[PDB]
**Student:** 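Below is a deposited model of Muscarinic acetylcholine receptor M4 with tiotropium as ligand.
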Amino acid sequence: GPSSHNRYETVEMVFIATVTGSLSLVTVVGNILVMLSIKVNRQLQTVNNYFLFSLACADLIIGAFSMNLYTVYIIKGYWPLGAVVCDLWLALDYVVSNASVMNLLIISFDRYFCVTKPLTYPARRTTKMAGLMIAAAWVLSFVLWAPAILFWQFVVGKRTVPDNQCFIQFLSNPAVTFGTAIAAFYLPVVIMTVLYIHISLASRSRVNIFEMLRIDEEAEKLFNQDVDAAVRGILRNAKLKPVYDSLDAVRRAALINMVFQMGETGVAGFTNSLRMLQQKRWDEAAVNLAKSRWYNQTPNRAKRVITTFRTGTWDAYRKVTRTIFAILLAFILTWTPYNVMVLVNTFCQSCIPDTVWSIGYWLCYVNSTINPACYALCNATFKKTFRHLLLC
Ligand SMILES: C[N+]1(C)[C@@H]2C[C@@H](OC(=O)C(O)(c3cccs3)c3cccs3)C[C@H]1[C@@H]1O[C@@H]12
Ligand SMILES: CCCCCCCC/C=C/CCCCCCCC(=O)OC[C@H](O)CO
Ligand SMILES: CCCCCCCC/C=C\CCCCCCCC(=O)OC[C@H](O)CO
Ligand SMILES: CCCCCCCC/C=C\CCCCCCCC(=O)O
Ligand SMILES: O=C(O)CN(CCN(CC(=O)O)CC(=O)O)CC(=O)O
C-alpha cells in the first residue's frame, strides 16, 4: 500500500541496521574476548590490565546497549521508548563514556609515573590503589553526570524534551555544552598528550640504571643528577670514551656504575680491564678486574657488576605503552569530530545539520570497537590468548 515504506527508506534502514548491528556484535564479542583473556591468562593479570579490564567493561556496555538503542533512535526517526528509557540511556551513555575518559587518564598518569619515577612509584603501585582509582573514576563519573541528566528537569520544574525525542536538557545551551566539552574532552586530551610526550621522551635505557644503582646502594632526583654527571665524566675522559663507545647498553651501564662508585679518575686507572672490555673479552676482563682493590673492598657489588659484564643481562638484578598509545589514538580520532561540532555550535548552529551530528555521535561509539583490535594488533600475548579462547 501507499503507507508501506518506500524503496530508499528500506535500503537505507537495512544498510544502517546491518552495519551498526555488525559493529555491535564485533564490539561485544571483542571486549568479551579481552576481559576473558585478562581472566584466564596469569601473565596478563597486572595493574595495567586491571585498568584495561575496566575500559573493556565500559566498551562492552557501550557496544551492547548504547549502539543498539541509538540505532533504534536512528531507524525509527524518533524516540519510541519513552522519556524514562530516554533518561536511563542518556545517563548510561555519558556516565560510561566519562568513565572511559577518566580511565584513559588514570592509565596515562600511571605509565608516566612508571617511567619518570621508577624507584618510588612501582613500589606504591598496588592492586588496591588500582581498584581505588577505577572505583573513583566510575563513581565520580556518575556523581558528575547522572544528576545533570536526571535531576535538571526536576530543578527547572519542567521537562522540555519532547516524548518523541531524546536529548540532555541540561546541555541545551551551546555555551554550557562547550564548557562541558572542555572539562570532559579537551583538557583530558591535552593532559594525556603532554603525558605521552614526556613518556616518549623518557629513555628506558636509563630506567634500568636507576634500579641497578638502587640495588648496589624520593632520592631519585639525586640519581638523575649523578648519572648524567657520570656520563659527562666518561665523555670528558679520553680513556673512558673509547671503551664506552664500544660497549653495549647493559655493560656500558655497568661502566657507568663503576664511574658512579669510584669516579672518572678511579675507573680510568683500570687500563688493562678497559682495554680488555674494548675487545669484548668479558672473561679476561673479569679475571683482570678480580685483581683490583675495588673487588676486595665491595665484593658483592663488584661481583654483580663483573657478572653483568660477563652475561650482558640483568640476571644479577614494553608493548603496553604501544597498546595504550593505540587506544589513545583511536579515542582522539573517533571523538574529535563530534567535539569540533560542539565547538562550531557555539557560534553557528546551522553549519552542522542533524545528519552530521548523528554521524559524529555514532562515530564516538566506534572507539569501543577499535580497542580490542588494538589489543590484538599491538600485543601478541592478547592475540595468542584470543586464539586460545576461540577454540576453548
Ligand atoms: C557518544 N557519547 C556517548 C556521547 C557524545 C560524546 O560526548 C563527548 O564527546 C563529550 O566530550 C561531550 C559532548 C558534549 C558535551 S560533553 C563527552 C561527554 C561525556 C563524557 S565526554 C561521546 C560519548 C559521550 O557520552 C557522550
Ligand atoms: C547510569 C548508570 C550506569 C551504571 C554503570 C555501571 C558499570 C558497572 C561496571 C563496573 C566495572 C568496573 C571495572 C572493574 C575492573 C576491575 C575488575 C577486576 O577485579 O579484574 C581483575 C582481573 O581478573 C585481573 O586479575
Ligand atoms: C572529566 C570531567 C567531566 C565533567 C562533566 C561535568 C558535567 C556537568 C556537571 C556539573 C556542572 C553543573 C553546572 C550547572 C550550571 C548551570 C547550568 C545551566 O544553567 O544549564 C541551563 C540549560 O542549558 C538550559 O536550561
Ligand atoms: C549496566 C546495566 C545496563 C542496563 C541493564 C538493565 C536493562 C533494562 C532494564 C529495565 C528497564 C526498565 C525501564 C523501562 C521503563 C518503562 C516505562 C515506560 O515505558 O515508560
Ligand atoms: O504501489 C504500492 O503502494 C504497493 N501496491 C502493491 C501491494 N503492496 C502490498 C499491499 O499493500 O497489499 C506491496 C507493498 O508492500 O508495497 C499496493 C497497491 O497498489 O495495492
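Residues: numbered from 1 along the sequence shown. Note: hydrogens, waters and symmetry copies are ignored here, and every other heavy atom, side chains too, is used. Order of listing sets the numbers, starting from 1, for every ligand and every atom in it.
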**Student:** Quick one: which ligands or chains go with tiotropium?
**Tutor:**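 Counting all copies, it's at ligand 1.
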**Student:** Which residues are in the binding site of tiotropium, using 4.0 Å as the heavy-atom cut-off?
**Tutor:**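 Within 4.0 Å on heavy atoms: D93, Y94, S97, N98, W145, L171, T177, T180, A181, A184, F185, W335, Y338, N339, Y361, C364, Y365.
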**Student:** Return yes or no for this condition: an N or O of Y365 is under 3.5 Å from an N or O of tiotropium.
**Tutor:**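 No; the residue has no nitrogen or oxygen that sits under 3.5 Å from a nitrogen or oxygen of the ligand.
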**Student:** Would you mind running through tiotropium and noting each atom that sits below 4.0 Å from a heavy atom of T177?
**Tutor:**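 It comes down to these atoms of tiotropium: 14 (C), 15 (C).
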**Student:** Could you tell me, atom by atom, which parts of tiotropium come under 4.0 Å of a heavy atom of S97?
**Tutor:**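 Going through tiotropium atom by atom, the ones under 4.0 Å from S97 are 3 (C), 23 (C), 24 (C), 25 (O).
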**Student:** Note the single closest protein heavy atom to atom 4 (C) of tiotropium, along with its residue, its atom name and the distance in Å.
**Tutor:**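 Ranking protein heavy atoms by distance from atom 4 (C) of tiotropium, first comes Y361 CE1, 3.4 Å.
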**Student:** For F185, counting its heavy atoms only, list the atoms of tiotropium lying under 4.0 Å from any of them.
**Tutor:**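 Reading through tiotropium atom by atom, the close ones are 11 (O).
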**Student:** Give the numbers, counted from the N terminus per UniProt, of the transmembrane segments of chain A with a heavy atom under 4.0 Å from tiotropium.
**Tutor:**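 Non-hydrogen atoms under 4.0 Å from tiotropium turn up, by UniProt numbering, in 3, 4, 5, 6, 7.
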